[PDB]
Amino acid sequence: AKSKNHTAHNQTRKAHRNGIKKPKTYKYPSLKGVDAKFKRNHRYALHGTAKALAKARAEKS
Amino acid sequence: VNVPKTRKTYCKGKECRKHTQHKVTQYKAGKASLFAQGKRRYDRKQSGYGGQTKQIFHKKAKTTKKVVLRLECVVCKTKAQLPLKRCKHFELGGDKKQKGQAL
Amino acid sequence: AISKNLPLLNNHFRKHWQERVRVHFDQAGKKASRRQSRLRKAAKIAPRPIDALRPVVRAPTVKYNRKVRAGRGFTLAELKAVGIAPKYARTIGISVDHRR
Amino acid sequence: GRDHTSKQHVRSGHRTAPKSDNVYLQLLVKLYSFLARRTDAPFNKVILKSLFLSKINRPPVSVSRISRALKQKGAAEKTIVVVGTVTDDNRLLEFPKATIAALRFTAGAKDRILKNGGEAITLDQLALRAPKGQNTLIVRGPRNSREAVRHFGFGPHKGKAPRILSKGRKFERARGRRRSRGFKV
Amino acid sequence: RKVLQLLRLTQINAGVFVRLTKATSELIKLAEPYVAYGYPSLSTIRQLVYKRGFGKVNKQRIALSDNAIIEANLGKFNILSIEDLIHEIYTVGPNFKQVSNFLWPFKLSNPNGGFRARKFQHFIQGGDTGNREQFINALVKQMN
Amino acid sequence: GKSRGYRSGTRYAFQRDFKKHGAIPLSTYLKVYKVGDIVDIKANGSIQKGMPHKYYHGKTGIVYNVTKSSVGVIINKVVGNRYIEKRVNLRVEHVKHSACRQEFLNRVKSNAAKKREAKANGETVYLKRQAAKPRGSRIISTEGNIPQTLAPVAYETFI
RNA sequence: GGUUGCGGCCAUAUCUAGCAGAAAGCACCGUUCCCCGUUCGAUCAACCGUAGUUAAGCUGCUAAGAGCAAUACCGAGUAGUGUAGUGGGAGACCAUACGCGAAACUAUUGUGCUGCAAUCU
RNA sequence: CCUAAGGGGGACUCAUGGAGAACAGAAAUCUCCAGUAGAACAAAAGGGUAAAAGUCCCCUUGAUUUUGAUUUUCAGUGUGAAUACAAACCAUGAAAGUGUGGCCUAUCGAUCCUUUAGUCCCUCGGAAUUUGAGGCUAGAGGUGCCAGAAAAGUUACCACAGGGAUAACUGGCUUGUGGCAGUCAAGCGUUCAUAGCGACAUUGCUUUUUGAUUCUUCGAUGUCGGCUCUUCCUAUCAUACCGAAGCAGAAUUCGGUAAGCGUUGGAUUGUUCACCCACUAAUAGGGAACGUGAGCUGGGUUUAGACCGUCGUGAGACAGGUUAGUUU
RNA sequence: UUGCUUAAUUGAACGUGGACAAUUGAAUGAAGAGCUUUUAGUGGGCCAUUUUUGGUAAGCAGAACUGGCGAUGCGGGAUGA
RNA sequence: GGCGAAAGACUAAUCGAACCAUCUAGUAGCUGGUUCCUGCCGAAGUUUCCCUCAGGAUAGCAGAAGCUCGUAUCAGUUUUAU
RNA sequence: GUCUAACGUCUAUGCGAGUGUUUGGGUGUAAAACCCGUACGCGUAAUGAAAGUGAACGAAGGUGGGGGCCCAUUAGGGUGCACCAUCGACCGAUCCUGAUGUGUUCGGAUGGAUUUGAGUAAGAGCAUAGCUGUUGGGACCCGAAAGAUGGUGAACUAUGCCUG
Ligand SMILES: CC(=O)O[C@@H]1[C@@H](O)[C@H](O[C@H]2[C@H](OC(=O)[C@H]3CC[C@@H]4[C@H](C3)O[C@@]3(C[C@H](OC(=O)/C=C/c5ccccc5)[C@H](C)CO3)[C@]43CO3)O[C@H](C)[C@@H](O)[C@@H]2OC(C)=O)O[C@H](C)[C@H]1O
Ligand SMILES: NC[C@@H]1O[C@H](O[C@H]2[C@@H](O)[C@H](O[C@@H]3[C@@H](O)[C@H](N)C[C@H](N)[C@H]3O[C@H]3O[C@H](CO)[C@@H](O)[C@H](O)[C@H]3N)O[C@@H]2CO)[C@H](N)[C@@H](O)[C@@H]1O
Ligand SMILES: NC[C@@H]1O[C@H](O[C@H]2[C@@H](O)[C@H](O[C@@H]3[C@@H](O)[C@H](N)C[C@H](N)[C@H]3O[C@H]3O[C@H](CO)[C@@H](O)[C@H](O)[C@H]3N)O[C@@H]2CO)[C@H](N)[C@@H](O)[C@@H]1O
Ligand SMILES: NC[C@@H]1O[C@H](O[C@H]2[C@@H](O)[C@H](O[C@@H]3[C@@H](O)[C@H](N)C[C@H](N)[C@H]3O[C@H]3O[C@H](CO)[C@@H](O)[C@H](O)[C@H]3N)O[C@@H]2CO)[C@H](N)[C@@H](O)[C@@H]1O
Ligand SMILES: NC[C@@H]1O[C@H](O[C@H]2[C@@H](O)[C@H](O[C@@H]3[C@@H](O)[C@H](N)C[C@H](N)[C@H]3O[C@H]3O[C@H](CO)[C@@H](O)[C@H](O)[C@H]3N)O[C@@H]2CO)[C@H](N)[C@@H](O)[C@@H]1O
Ligand SMILES: NC[C@@H]1O[C@H](O[C@H]2[C@@H](O)[C@H](O[C@@H]3[C@@H](O)[C@H](N)C[C@H](N)[C@H]3O[C@H]3O[C@H](CO)[C@@H](O)[C@H](O)[C@H]3N)O[C@@H]2CO)[C@H](N)[C@@H](O)[C@@H]1O
Ligand SMILES: NC[C@@H]1O[C@H](O[C@H]2[C@@H](O)[C@H](O[C@@H]3[C@@H](O)[C@H](N)C[C@H](N)[C@H]3O[C@H]3O[C@H](CO)[C@@H](O)[C@H](O)[C@H]3N)O[C@@H]2CO)[C@H](N)[C@@H](O)[C@@H]1O
Ligand SMILES: [Mg+2]
Ligand SMILES: [Mg+2]
Ligand SMILES: [Mg+2]
Ligand SMILES: [Mg+2]
Ligand SMILES: [Mg+2]
Ligand SMILES: [Mg+2]
Ligand SMILES: [Mg+2]
Ligand SMILES: [Mg+2]
Ligand SMILES: [Mg+2]
Ligand SMILES: [Mg+2]
Ligand SMILES: [Mg+2]
Ligand SMILES: [Mg+2]
Ligand SMILES: [Mg+2]
Ligand SMILES: [Mg+2]
Ligand SMILES: [Mg+2]
Ligand SMILES: [Mg+2]
Ligand SMILES: [Mg+2]
Ligand SMILES: [Mg+2]
Ligand SMILES: [Mg+2]
Ligand SMILES: [Mg+2]
Ligand SMILES: [Mg+2]
Ligand SMILES: [Mg+2]
Ligand SMILES: [Mg+2]
Ligand SMILES: [Mg+2]
Ligand SMILES: [Mg+2]
Ligand SMILES: [Mg+2]
Ligand SMILES: [Mg+2]
Ligand SMILES: [Mg+2]
Ligand SMILES: [Mg+2]
Ligand SMILES: [Mg+2]
Ligand SMILES: [Mg+2]
Ligand SMILES: [Mg+2]
Ligand SMILES: [Mg+2]
Ligand SMILES: [Mg+2]
Ligand SMILES: [Mg+2]
Ligand SMILES: [Mg+2]
Ligand SMILES: [Mg+2]
Ligand SMILES: [Mg+2]
Ligand SMILES: [Mg+2]
Ligand SMILES: [Mg+2]
Ligand SMILES: [Mg+2]
Ligand SMILES: [Mg+2]
Ligand SMILES: [Mg+2]
Ligand SMILES: [Mg+2]
Ligand SMILES: [Mg+2]
Ligand SMILES: [Mg+2]
Ligand SMILES: [Mg+2]
Ligand SMILES: [Mg+2]
Ligand SMILES: [Mg+2]
Ligand SMILES: [Mg+2]
Ligand SMILES: [Mg+2]
Ligand SMILES: [Mg+2]
Ligand SMILES: [Mg+2]
Ligand SMILES: [Mg+2]
Ligand SMILES: [Mg+2]
Ligand SMILES: [Mg+2]
Ligand SMILES: [Mg+2]
Ligand SMILES: [Mg+2]
Ligand SMILES: [Mg+2]
Ligand SMILES: [Mg+2]
Ligand SMILES: [Mg+2]
Ligand SMILES: [Mg+2]
Ligand SMILES: [Mg+2]
Ligand SMILES: [Mg+2]
Ligand SMILES: [Mg+2]
Ligand SMILES: [Mg+2]
Ligand SMILES: [Mg+2]
Ligand SMILES: [Mg+2]
Ligand SMILES: [Mg+2]
Ligand SMILES: [Mg+2]
Ligand SMILES: [Mg+2]
Ligand SMILES: [Mg+2]
Ligand SMILES: [Mg+2]
Ligand SMILES: [Mg+2]
Ligand SMILES: [Mg+2]
Ligand SMILES: [Mg+2]
Ligand SMILES: [Mg+2]
Ligand SMILES: [Mg+2]
Ligand SMILES: [Mg+2]
Ligand SMILES: [Mg+2]
Ligand SMILES: [Mg+2]
Ligand SMILES: [Mg+2]
Ligand SMILES: [Mg+2]
Ligand SMILES: [Mg+2]
Ligand SMILES: [Mg+2]
Ligand SMILES: [Mg+2]
Ligand SMILES: [Mg+2]
Ligand SMILES: [Mg+2]
Ligand SMILES: [Mg+2]
Ligand SMILES: [Mg+2]
Ligand SMILES: [Mg+2]
Ligand SMILES: [Mg+2]
Ligand SMILES: [Mg+2]
Ligand SMILES: [Mg+2]
Ligand SMILES: [Zn+2]
């Protein structure tokens, strides 16, 4: 038998018809893998932060 | 490979929840029961005519086995299992190495 | 044989299934003949009703307890309570169930 | 010859007409083809486009969502526009008096809107009392609650629903979903 | 190929105006084996814009047959006439980018009198590609 | 037999610089990395824990996680026809702040100071950067510099 | 400015051979009951600051010094290299065109700078 | 492969050289100086390492527990391996710290079944108790063709689907090999490089060798040799005319123009090739699908029968010998 | 704001409020950008320049980038993927 | 199965397992073929796994349907900084 | 390259938290058309091996965008469905804690956890049809060498016998 083993010919053509596209960026990236101790605490700081801001607006209504 | 007959590792028993001293023994596979469902099914399948019904392994390649240590806690008698790497030789509580001695 | 993201099917068509295909072309014809037989039975035995009186019984199982449906026959105690003998009751259009 | 920087002869990829041959749905687009062509009001261009959408692109709008949409600040008398069917919600404890313009109303929805003092009008009746869509509020149904979307983008560690006909412990639960049976993805 | 596409040179005998910076110069260096370029005279610019000048209006190639088209598309850049556009191109003005991109790429014919015997070699070595500098005016006269 | 191990082909990439082997100067351990910082990755062959893979040697990215002795960096790696976000855990010995931030943050401050001063002066200033433009006209004086005429030299053998 | 303690960059700071070094500091230096460690109070441990010394350490200077660092009408726009031709040459290879452009070599110059605290002729 | 060759701490500095010390010498042990690593770190090699990662000493078990994230191979599936944290429990050190196996890059294994450990928890479905069995979580027993069937031969009695994706002829590229020829000229040639030769080198040509390759042909191009017959090439054996000689004659040898013209009869062998006998002016070498089988012949090779030797337990094998085997 | 961190009133992350207005911070281009579902054929390749490995070499075998032929006619190279 | 003074010979021109009918339209990763027109778009011989090497699955390349929006912010390119 | 059973995507249609008359019953101008309803299927709850448990802190949450609509007066503000990114809350499983109590071994309140589910978070489905795609079927059409079951042959021929 015996055939072609390997070639990257035509592979950059195929990647550039519709790809080699940069991913979109968002204001909030996903926090997967950030330290758990900080992430647990970041929950309490934000919930408490929301409490303070909620009261400031409830006064101003 | 030389492993001491005692070891201080974590004990998962709820009474202990800590490092205790553990007696080290080599794990031994138990005798195969005749009433395990797979043996019950296997005996029924082999019965009658048809010959051998389940495959028989032949193409052995490994030359060792994984040695398993049975760690029994002296406080609560909870057993633990630890697999070791593949060793052709293994002793439990052998003579410890003496470095510096002559031949 | 396996391709794409599809559910795996269980299509039991590995026997000689085509020798055992019952197509109900005679649904309307059998309906009509059943109606004619039923009319025939009624004209045969009029004015006695074609249906025996059936009891009312609780459905078995925890799923159909709430429902109640027509049984097979009135029990011997029930017929005793209305003073009808089972042998006589079967002759006046009443169904009997010795089992219930 | 040309070195094309883009694909040649490409259709727009948007519906320019309803796929439906319902003669009465095309009469409404004829009204809003005229309105989108001539009023400069952005509301009318959205309605003409929305009349082309397919059934899965016009999810049913419950009357509870309109109730929640009417509970926005300063929205109690806005006119609700639903290009599709407005369905009933028997989980509501109460419904306000409201004017709702929709393609279709279910019997519970129409009864409940009118029972609570509201109006259930069609989109042509809307185009006369609001030819520029003044003081309106368009409500769209949930697009991603559909069952087919559960299986979209399925793969390892993707968390989507397998396409499967039966459900139970014997159906695609052993090897690849459990560390005691090999791996988990 | 990408460089020529970014210069809006996507056919043979297509012409474009480039303001010389360093970025655009290195661009032209990349396209050098495939282009003939040079320094255009004022009359060459006028002849190009008058005969083959077209504007890109709502993605359409429209002849510059009246100053109102130019005003309606470049009045925010103080271009009210074909001569304002020619002046803005020749003495490269503060709004050269907008004025040259509004201009559809010029579609010239083949030269009346032909090219050299073999085009695709530098103008210095007897070919046609590369920088010919003032003889681009003679070439545009041949091709426009 | 093909060999494609983790550190294959890193004979020269993971080497220390010539006459720069040994202990790490402690400014490497005194630098402070915050989430959002841009850092270059360059593997230290002498620290084997937390080493980046050879792909990330020479790549630049953003810190997303800060741990006891390491930082997490987001790299976009090309896989076929798109980019994939790679999240690499790196000890700080293999990490350095990217110097491209401080120039751009300096261009922002300079733009702000001149703009507020033209506003103070009631004038305008133009802040967009420009590529180098062709040089203007000029006059060459020949006092002490009369042109010297050169000619091509004949061929010689110097062996 | 010197000196000590802790340092940053880690030879412009290293190496070799000479010479010099006020004040203070550092150092060598004296002793072995105690804590401590050694075959050995040599190292390490403790005590005295008392008996002595800048001999050494250290610091500075000297050397067509070795090494190191920097610079360049040094070499050299050389080697190499991206791009081009229906260029040369049987070929090996070479020239030209639009660009980028070394290393060795040579010459010259230099031989630590500095942060915190304390201290001194 | 390793209870240390793992983990922590501490102390020391390795290869080698010089100069010295009873037996003692090139190598025993001791001392000083020098010593950027020229050593050692299990095992291949690379990287890494000097108040250490190396050598020695002390203490230990982090080679432990729960599961998540990530990197490499990647489909961004699995496996292996690794990285950084979270929550425990520990080791070590005065401490800061470090430790989730081996300084880093290789050292390994699914479903089904069994076995052990854990939780002592769920089920055995009319209700209980106790055995037994079945479940949930983690290991082990293994697939080395290592993403993982349960597996010996022969066919010359043979069959089928195909394949010029692939061998055995010709043909095509190449020309190592084979064959033929040059240039330089150290030597040979009584003297004398070149009458005739010519080493060490070096440039070529040819396709009458064998290799190398697998482009054409496997819905078939009849595969050896001989016989017959025609033609072509020249690198010329003879014959014609000539030049050269270490050409006195005779003979011979080298060379030019030259393929016009000829180049045989036999023993043995299927032979091509070979080797003899003999004639001859000479008995040159080749091509034309290794010319030439609807031209022949069919001796060889290569179906089926059969014998022997060697091999095989055997069926059978032999590119070994032998005999008989339809040429449309 | 916090249950994380600092000797701390120190920091970390996420925030309230305020200031910096179209030269909102290089060039060139952009028949616009982003997103989703579903499915075909294919999974023998070959060639040219250049880099390049084995081989004396091959119209030989094997890789790298690009462009091509395959899948493509047309003018030229007589003829020729 | 027969029969064989043995050739795997003969057993109705059929023999290293006769003939007839059925199971049977046996299976085939291998051959061959596969029927009207025009218009637009338009490939792959590459990745990974497979008793995988003439085959599949998988990703890629391609078409179709669109959907959310309307210059938002993208690029097989340059410049500058690093 | 067909038909069928069961399916994936898209589209049209009816109704819509429901939906599907046709198994069947009624009826008929009689396989049609017209009508009926109990059940049942799918959907409206998930999760765990199972015993079992079982979806609102809040205007059914917050942040950055977001068409449309509203107030404006370049600009700006308000309201922001669908949808995108992100951080939370709720239900099931797993692990930790373990209140009053108790058939003293049961019970599980409360508070937690880089864990986990094909879930909730003001329903979206059901049904019919069409193209295309999937699987089983002879399965695009034609094609083996073979395997099995039941039968017919010694008029040829092989061998025995009998009579010539
Ligand atoms: C005599 C002999 O050598 O043959 C034995 C056979 O007797 C044995 O049969 C056992 C039989 O095996 C099986 O039925 C299969 C089960 C799993 C498959 C295979 C055999 O075992 C595997 C292979 C491999 O491990 C082994 O190989 C198992 C060895 C074993 C030995 C005794 C009991 C159980 C297992 C994987 C680890 C998983 O388990 C598995 C995937 O291939 O199971 C019954 C319960 C036993 O009675 C029965 O053992 C006896 C006494 O006869 O199976 C082994 C594989 C054979 O080697
Ligand atoms: N362990 C041996 C096996 O146990 C059998 O009997 C056992 C069973 O009846 C029961 O075993 C249960 C079993 O039902 C269930 N399916 C699995 C569960 N892990 C077992 O549990 C058992 O094994 C675990 C493992 O170490 C032990 O910790 C535990 O004490 C023991 N009860 O408990 C018994 C052991 O205590 C037979 N005694 C013996 O023949 C068989 O080989
Ligand atoms: N002249 C060389 C070449 O010869 C070839 O033809 C064949 C012959 O030359 C030679 O074949 C030989 C044969 O001569 C000889 N007498 C018997 C041998 N069995 C044949 O083949 C042998 O050689 C070939 C080639 O390496 C290989 O297949 C193998 O080694 C062997 N079978 O090798 C070729 C293939 O077998 C080409 N057809 C030709 O075009 C080319 O010129
Ligand atoms: N024909 C070509 C030549 O003839 C040659 O022929 C040879 C002889 O026949 C001849 O010799 C002479 C000849 O020159 C002369 N003109 C005639 C004379 N009869 C010959 O004589 C010769 O033949 C006779 C008769 O048979 C003999 O008896 C005598 O021995 C022999 N020398 O000269 C040659 C000397 O041997 C040779 N055969 C050979 O060189 C070559 O074949
Ligand atoms: N002085 C100019 C030079 O530009 C060079 O590179 C410049 C370009 O040539 C280069 O562009 C490359 C391009 O060549 C390559 N083929 C594709 C790659 N995506 C581009 O990369 C660039 O663009 C991407 C986004 O597209 C950005 O991440 C980033 O700006 C840059 N890496 O990146 C730079 C543009 O940003 C080098 N950076 C450096 O030698 C030098 O700065
Ligand atoms: N050695 C420094 C490294 O070089 C980088 O970039 C250098 C080269 O990589 C870069 O080369 C670019 C090339 O990337 C790009 N793809 C094509 C461009 N023509 C080349 O640029 C070249 O030509 C331009 C003018 O055309 C010159 O300015 C430049 O010096 C020259 N190298 O030009 C730079 C010359 O120094 C960065 N300058 C620097 O930050 C980095 O550390
Ligand atoms: N009741 C089970 C079966 O349902 C079949 O019918 C099913 C199909 O006709 C129909 O299929 C629909 C499909 O049309 C629609 N576009 C999407 C929907 N997911 C499918 O439903 C599917 O999923 C449901 C479970 O959710 C399964 O029970 C059903 O078998 C399966 N076809 O939905 C019905 C729901 O069951 C048949 N009547 C019969 O085979 C059997 O009764
Ligand atoms: Mg292949
Ligand atoms: Mg291979
Ligand atoms: Mg039995
Ligand atoms: Mg038996
Ligand atoms: Mg049986
Ligand atoms: Mg059996
Ligand atoms: Mg077995
Ligand atoms: Mg066996
Ligand atoms: Mg055209
Ligand atoms: Mg919901
Ligand atoms: Mg997850
Ligand atoms: Mg099943
Ligand atoms: Mg695991
Ligand atoms: Mg003319
Ligand atoms: Mg490690
Ligand atoms: Mg070690
Ligand atoms: Mg150790
Ligand atoms: Mg140490
Ligand atoms: Mg050395
Ligand atoms: Mg040496
Ligand atoms: Mg997580
Ligand atoms: Mg992965
Ligand atoms: Mg992995
Ligand atoms: Mg590996
Ligand atoms: Mg590990
Ligand atoms: Mg600690
Ligand atoms: Mg730890
Ligand atoms: Mg582990
Ligand atoms: Mg392995
Ligand atoms: Mg295993
Ligand atoms: Mg199991
Ligand atoms: Mg076992
Ligand atoms: Mg089991
Ligand atoms: Mg029971
Ligand atoms: Mg029990
Ligand atoms: Mg092996
Ligand atoms: Mg395999
Ligand atoms: Mg494999
Ligand atoms: Mg054979
Ligand atoms: Mg025969
Ligand atoms: Mg071939
Ligand atoms: Mg040769
Ligand atoms: Mg020679
Ligand atoms: Mg001589
Ligand atoms: Mg061949
Ligand atoms: Mg043929
Ligand atoms: Mg023929
Ligand atoms: Mg022929
Ligand atoms: Mg001749
Ligand atoms: Mg002659
Ligand atoms: Mg002739
Ligand atoms: Mg003869
Ligand atoms: Mg003869
Ligand atoms: Mg030949
Ligand atoms: Mg022949
Ligand atoms: Mg012939
Ligand atoms: Mg013949
Ligand atoms: Mg012949
Ligand atoms: Mg004839
Ligand atoms: Mg023959
Ligand atoms: Mg013969
Ligand atoms: Mg013979
Ligand atoms: Mg024979
Ligand atoms: Mg033989
Ligand atoms: Mg004969
Ligand atoms: Mg496919
Ligand atoms: Mg495929
Ligand atoms: Mg091929
Ligand atoms: Mg193929
Ligand atoms: Mg093809
Ligand atoms: Mg072409
Ligand atoms: Mg032509
Ligand atoms: Mg030619
Ligand atoms: Mg018999
Ligand atoms: Mg035979
Ligand atoms: Mg016969
Ligand atoms: Mg057939
Ligand atoms: Mg096209
Ligand atoms: Mg396999
Ligand atoms: Mg193969
Ligand atoms: Mg195949
Ligand atoms: Mg084929
Ligand atoms: Mg229902
Ligand atoms: Mg639901
Ligand atoms: Mg709470
Ligand atoms: Mg939860
Ligand atoms: Mg868990
Ligand atoms: Mg309890
Ligand atoms: Mg949670
Ligand atoms: Mg068929
Ligand atoms: Mg058959
Ligand atoms: Mg069989
Ligand atoms: Mg039979
Ligand atoms: Mg007879
Ligand atoms: Zn214990």
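Chain naming here is simple, since letters A, B, ... match the order of the sequence lines and numbering starts at 1 in each. Just so it is clear, the values below take in all heavy atoms, side chains as well, and ignore hydrogens, waters and symmetry mates. Shown: partial entry. Contacts: counted within the shown part. First listed ligand is number 1; within each ligand, the first listed atom is number 1. According to its header, the structure was obtained by X-ray crystallography, 2.9 Å.
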Practice task
List the drug name recorded for ligand 3.
Solution key: paromomycin
Practice task
Determine the main partner chain of paromomycin (ligand 3) by heavy-atom contacts and give the name the PDB entry assigns.
Solution key: 25S
Exercise for the section: Find the other chains whose heavy atoms come closer than 4.0 Å to paromomycin (ligand 3). Expected result: H
Practice task
Show which residues surround paromomycin (ligand 3) within 4.0 Å on heavy-atom distance.
Solution key: H/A168, H/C169, H/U170, H/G171, H/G172, H/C173, H/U174, H/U210, H/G211, H/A212, H/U213, H/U214
